[PDB]
Amino acid sequence: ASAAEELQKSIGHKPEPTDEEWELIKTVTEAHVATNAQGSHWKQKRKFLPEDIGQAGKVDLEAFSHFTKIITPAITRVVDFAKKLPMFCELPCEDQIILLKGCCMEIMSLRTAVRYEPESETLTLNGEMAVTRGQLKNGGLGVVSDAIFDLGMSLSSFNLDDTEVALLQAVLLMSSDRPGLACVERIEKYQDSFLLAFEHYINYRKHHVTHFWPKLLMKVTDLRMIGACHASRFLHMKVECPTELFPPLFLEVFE
Ligand SMILES: O=C(O)Cc1cc(I)c(Oc2ccc(O)c(I)c2)c(I)c1
Ligand SMILES: [As]
Ligand SMILES: [As]
Ligand SMILES: [As]
Ligand SMILES: [As]
Ligand SMILES: [As]
Ligand code: NA
């Protein structure tokens, strides 16, 4: 189980998901697939943003406007993902907003990075709007745009499926280091159940890529970095752009 994990590996075998883990895996996957804008066919049904909005330095009002106008639906799908996870529900109100505010940008940026399109060198926001590096940058994200784009390009080789993306989200969600958490121990035990099932799913997947698990975990910290760096970007925006231009849900998640 969680203990018999050493010998098994120490002899050279890689345990695949136990039956209990297979259920957790299906729960997390369904939760993700059901709340991910579009699905399978997300890329023929997407519109590029006119090459003039991104103004191809103050934040470009037009881009910021187009981006903030569709941010509420994005945040909402993240809360929805969390709600479909039994472990999340087993936590106190106080802790739940904490976890959500903490992983929101981490998960959202993962969802747009995983949909990087190398042909047109674009990322797609909310499954509809496809933007370029500069557009997203000038829209208000600054270097965050570069971070997500670089993550996206690197992720191409990982060939992640819905389950792997879902498990990543689950690991980001259950972060017991968020300041102000009450149930630090319980939340850490949950992230452990996810990481254990995740690693096992990876052994079952058999990616023809060396040290997949470790490299994959490094992406975790990058997403955490993208989030922390976005919070700063948020302060840079609250000092230029006016409040009226900040969707109420967008304001409560990041401040
Ligand atoms: O793709 C999805 O599911 C969700 C998603 C939606 C958007 I709009 C988005 O861009 C942001 C995010 C924060 C921010 O302050 C600004 I300005 C723009 C990203 I990155 C991801
Ligand atoms: As609930
Ligand atoms: As509360
Ligand atoms: As608790
Ligand atoms: As950064
Ligand atoms: As920053
Ligand atoms: Na650049």
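For this chain, numbers begin at 1 and follow the sequence in order. These values consider heavy atoms only, across backbone and side chains, with no hydrogens, waters or symmetry-generated copies. Remember, it's 1-based here, ligands and their atoms both numbered in the order they're listed. We read in the header that X-ray crystallography, 2.4 Å was used to get this structure.
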Notebook entry, point to check: For ligand 1, which chain wins on contact count (greatest number of heavy-atom pairs under 4.5 Å), named per the PDB entry?
Noted result: Thyroid hormone receptor beta-1
Notebook entry, point to check: What is the identity of the drug or drug candidate at ligand 1?
Noted result: tiratricol
Note to self: Suppose I only count heavy atoms of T112 and a 4.0 Å limit; which atoms of tiratricol are within that range?
What the structure shows: 1 (O), 19 (C), 20 (I), 21 (C)
Check: So which of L110, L125, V78 gets nearest to atom 9 (C) of tiratricol, if we judge by its closest heavy atom?
Finding: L125
Margin query: With respect to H230, determine whether any N or O atom, backbone or side chain, lies less than 3.5 Å from an N or O atom of tiratricol.
Written below: yes
Check: Can you list the tiratricol atoms lying under 4.0 Å from a non-hydrogen atom of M237?
Finding: 15 (O)
Note to self: Applying a heavy-atom cut-off of 4.0 Å, say which part of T68 lies close to tiratricol: side chain, backbone, both or neither.
What the structure shows: neither
Next item on the list: Could you tell me whether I148 approaches tiratricol through its side chain, its backbone, both or neither, with non-hydrogen atoms closer than 4.0 Å?
Entry: side chain
Margin query: Under a 4.0 angstrom heavy-atom cut-off, which atoms of tiratricol come close to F67?
Written below: 8 (I)
Note to self: List tiratricol atoms under 4.0 Å from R77, heavy atoms only on the residue side.
What the structure shows: 2 (C), 3 (O)
Check: What organism is given for chain A in the entry?
Finding: Homo sapiens
Margin query: Give the atom numbers and elements of tiratricol that come within less than 4.0 Å of a heavy atom of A74.
Written below: 4 (C), 6 (C)
Check: Between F250 and tiratricol, which part of the residue brings a heavy atom under 4.0 Å of the ligand: side chain, backbone, both or neither?
Finding: side chain
Notebook entry, point to check: To which UniProt domain do the majority of residues of chain A contacting tiratricol belong?
Noted result: NR LBD
Item checked: Backbone or side-chain N or O of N126 under 3.5 Å from tiratricol N or O -> yes
Margin query: I need the contact type for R115 against tiratricol. Using non-hydrogen atoms and a strict under-4.0 Å cut-off, is it side chain, backbone, both or neither?
Written below: neither
